[PDB]
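Written out below as structure tokens is the structure these notes cover.
Proteins get letters first, then strands, A, B, ... in listed order; numbering begins at 1 in each. Worth knowing before you read on, the calculation uses all heavy atoms, side chains too, and leaves out hydrogens, waters and symmetry mates. Order of appearance sets the numbers: ligands from 1, and atoms from 1 within every ligand.
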Protein chains: 2
Amino acid sequence: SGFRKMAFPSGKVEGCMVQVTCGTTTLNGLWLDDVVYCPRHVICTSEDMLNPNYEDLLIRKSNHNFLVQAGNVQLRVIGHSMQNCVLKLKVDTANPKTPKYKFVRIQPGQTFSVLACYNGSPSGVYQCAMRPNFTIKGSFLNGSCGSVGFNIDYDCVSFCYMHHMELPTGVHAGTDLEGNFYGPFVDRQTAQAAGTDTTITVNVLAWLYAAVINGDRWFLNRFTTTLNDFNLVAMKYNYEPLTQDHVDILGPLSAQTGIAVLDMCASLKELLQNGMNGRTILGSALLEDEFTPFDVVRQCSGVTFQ
Amino acid sequence: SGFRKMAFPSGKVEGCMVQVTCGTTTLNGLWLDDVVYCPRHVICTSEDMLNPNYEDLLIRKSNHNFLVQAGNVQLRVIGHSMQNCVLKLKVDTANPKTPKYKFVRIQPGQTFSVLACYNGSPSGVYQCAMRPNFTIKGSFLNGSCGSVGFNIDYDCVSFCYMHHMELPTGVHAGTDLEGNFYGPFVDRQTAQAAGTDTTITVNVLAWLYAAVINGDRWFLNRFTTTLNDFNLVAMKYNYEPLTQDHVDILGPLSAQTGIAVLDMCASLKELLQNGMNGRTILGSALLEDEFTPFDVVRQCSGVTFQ
Ligand SMILES: *[C@](O)(C(=O)NC1CC1)[C@H](CCCC)NC(=O)[C@@H]1[C@@H]2[C@H](CN1C(=O)[C@@H](NC(=O)NC1(CS(=O)(=O)C(C)(C)C)CCCCC1)C(C)(C)C)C2(C)C
Ligand SMILES: *[C@](O)(C(=O)NC1CC1)[C@H](CCCC)NC(=O)[C@@H]1[C@@H]2[C@H](CN1C(=O)[C@@H](NC(=O)NC1(CS(=O)(=O)C(C)(C)C)CCCCC1)C(C)(C)C)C2(C)C
Ligand code: NA
């Protein structure tokens, strides 16, 4: 037993990280088959960032201006193109370590693993949620740009995130691997509206189910509620509305524990209204919302990967 | 910026995990050079566990009773020996993926990465501390036994933990890779004393330094204290005594922030006495104690690995 914020094993993704340099900027690229993907702002000077014209900056660059290094070994760049906010560098060698992969655009409230990298070398691995306002709460220093987020579906790596930039709140924005920003963000260093950071209600419930499965049961009560009554209380606390689809998604957890979703919602309502009275759930004093129902099922049933 | 509980990249360790079966028990082994290490209780029936005589159980077993599988491929066992609470299975093939490695016995308060595995297949990766009472707060289901804990020192993997058993509190006990239990534990299914779980004071301070570096500063105050006065307050809250060695170890963090350790101790004293008044530090409502000063420096300076 026990329940931890757990990342996917990073081996298949470690074999894909390279270093990409353009001028004085060094960051990370993703090497899959004969393409290296990296943030297009690798081409920018610190002045360019304020108001970049990426088409105009990119025109000044040739293949030989993109230095791509795989560990100690230099890769030959035979092509470059911009797709949305990523550069695709065509190299003359297919990555021999390319795993089975796809590019997926994740939904808000879904989780993924980040392999934080610096100079093309993996630093560490952690779990993130795509927040309802399309930010993530990561750990990214200077040099971490081009670090990727992924899920593993048995042997297949689904890449969903590339790291580009930091908001003033210290949260993180980036693109899918087609170079489309999550959320309203643009790769320019100017004031930009981030949404209210709402709590992923369905994830909080999943985690309460995890707690009960792991024998933390103090917050169970004699009460029930309705979707409509729960949602009236939740909206006041900036919780996402709970839907019948969410009830259905929690089915395995309600089935395993014998605790109806609406009864668990009654527990959550009391915890929101009363707080935790200095008590903890799975060693947390806050309601955790970065575990999906799938994450909980997965970790409470224990299925593995390639 | 941002600060997360981050594991080491798991690739070098994923290449070492195998499945080990003896009778009806399947668990995980660690394959390094031509040796597979696994918990000796792989040999036990469910009845044996109550009061096992491992020498007597092991005598009934031959090399051909230990089924060792590396992905789909069977390994030939040419020898077996017991060292303390681990079995060493000699196989006829050196693991071609053996990284540079050592076996280290970690100190209480030190952290490491766990690669949770089932049937020899890596499931996920998370960070643990060796608690002052020589337990860890992991995520381990049936099948997870033989899962290992490690640190990476550039290219060298230091293995420090093998998972064996769960305490009634839901925390975890296991051995170093020489098969010596951390703490007072023995591999028998009988009532066993676990120590009080004290907080790793030096780690809490490291994390407060991380918070200040990441701009969470609300808990800084106008006050200072002394080691002796801090320790009087801490002992009441089951915090480890703070020593001058701990002050010296925080040196890089005090140097980077310009905040004397004793001034940070003054902040911690107020947080212990007053609580957090519903506020959070690095998105936590509790004082985090599973980050070492090295972990904080590492993640706030960003150095990488092989
Ligand atoms: C990344 O490219 C990298 O690792 N570079 C290598 C060379 C070291 C780098 C990572 C920064 C620290 C994690 N990313 C960037 O430099 C991007 C690009 C330039 C500026 N930033 C960036 O992250 C900005 N943040 C930023 O501009 N954010 C906003 C504007 S803002 O923060 O509200 C403010 C107006 C500056 C106050 C714009 C984007 C949407 C969110 C807000 C900082 C360097 C200031 C952290 C690009 C092109 C955005
Ligand atoms: C592990 O071997 C494994 O993954 N096995 C494969 C086949 C599935 C397995 C993991 C268990 C769940 C994580 N480990 C064990 O089975 C060990 C071995 C037998 C029993 N346990 C074990 O973890 C016990 N816990 C246990 O006995 N703990 C105590 C005693 S106790 O919990 O206080 C009590 C008396 C039972 C109430 C003894 C060890 C020190 C801590 C306390 C449980 C199966 C009950 C979880 C071994 C030999 C210890
Ligand atoms: Na917390």
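- Contact analysis gives the chain with most pairs under 4.5 Å to ligand 2 as the one UniProt calls 3C-like proteinase nsp5.
- Modeled at ligand 2 is a drug that PDB records call narlaprevir (bound form).
- By chain letter, the other chains having a heavy atom closer than 4.0 Å to narlaprevir (bound form, ligand 2) are B.
- Within the 4.0 Å heavy-atom cutoff, B:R188 counts among the residues contacting narlaprevir (bound form, ligand 2).
- Contact annotation: B:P39 has no heavy atom less than 4.0 Å from any atom of narlaprevir (bound form, ligand 2).
- The UniProt domain of chain B holding most residues in contact with narlaprevir (bound form, ligand 2) is Peptidase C30.
- Some N or O of B:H164 is nearer than 3.5 Å to an N or O of narlaprevir (bound form, ligand 2), by distance alone.
- Residue contacts with narlaprevir (bound form, ligand 2): B:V186 is placed with no nitrogen or oxygen under 3.5 Å of a nitrogen or oxygen of the ligand (distance criterion only).
- Checking only distances, B:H41 does come within under 3.5 Å of narlaprevir (bound form, ligand 2), N or O to N or O.
- For narlaprevir (bound form, ligand 2), the atoms lying closer than 4.0 Å to a non-hydrogen atom of B:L141 are 13 (C).
- Neither the backbone nor the side chain of B:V42 has any atom closer than 4.0 Å to an atom of narlaprevir (bound form, ligand 2) (non-hydrogen atoms only).
- Per the deposited entry, the covalent link of narlaprevir (bound form, ligand 2) reaches B:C145 SG.
- Listed by number with element, the atoms of narlaprevir (bound form, ligand 2) under 4.0 Å from a non-hydrogen atom of B:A191 are 35 (C).
- Polar contact with narlaprevir (bound form, ligand 2): present for B:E166 (N/O pair, distance under 3.5 Å).
- Heavy-atom distances to 1 Å put the closest UniProt active-site residue of chain B relative to narlaprevir (bound form, ligand 2) at B:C145, 2 Å.
- Listed by number with element, the atoms of narlaprevir (bound form, ligand 2) under 4.0 Å from a non-hydrogen atom of B:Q189 are 19 (C), 20 (C), 27 (O).
- Residue B:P168 places a heavy atom less than 4.0 Å from narlaprevir (bound form, ligand 2).
- Each of the atoms 48 (C) of narlaprevir (bound form, ligand 2) lies under 4.0 Å from some heavy atom of B:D187.
- Only the side chain of B:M49 comes within 4.0 Å of narlaprevir (bound form, ligand 2), counting heavy atoms alone; its backbone N, CA, C and O stay farther away.
- The set of residues with a heavy atom less than 4.0 Å from narlaprevir (bound form, ligand 2) is B:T25, B:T26, B:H41, B:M49, B:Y54, B:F140, B:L141, B:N142, B:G143, B:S144, B:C145, B:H164, B:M165, B:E166, B:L167, B:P168, B:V186, B:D187, B:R188, B:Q189, B:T190, B:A191, B:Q192.
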Which protein N or O atoms sit under 3.5 Å from any N or O of narlaprevir (bound form, ligand 2)? Give each pair with its distance.
from	atom 1	to	atom 2	distance (Å)
narlaprevir (bound form, ligand 2)	2 (O)	B:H41	NE2	2.4
narlaprevir (bound form, ligand 2)	4 (O)	B:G143	N	2.9
narlaprevir (bound form, ligand 2)	4 (O)	B:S144	N	3.1
narlaprevir (bound form, ligand 2)	4 (O)	B:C145	N	2.9
narlaprevir (bound form, ligand 2)	14 (N)	B:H164	O	3.0
narlaprevir (bound form, ligand 2)	23 (O)	B:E166	N	3.0
narlaprevir (bound form, ligand 2)	25 (N)	B:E166	O	2.9
narlaprevir (bound form, ligand 2)	28 (N)	B:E166	O	2.9

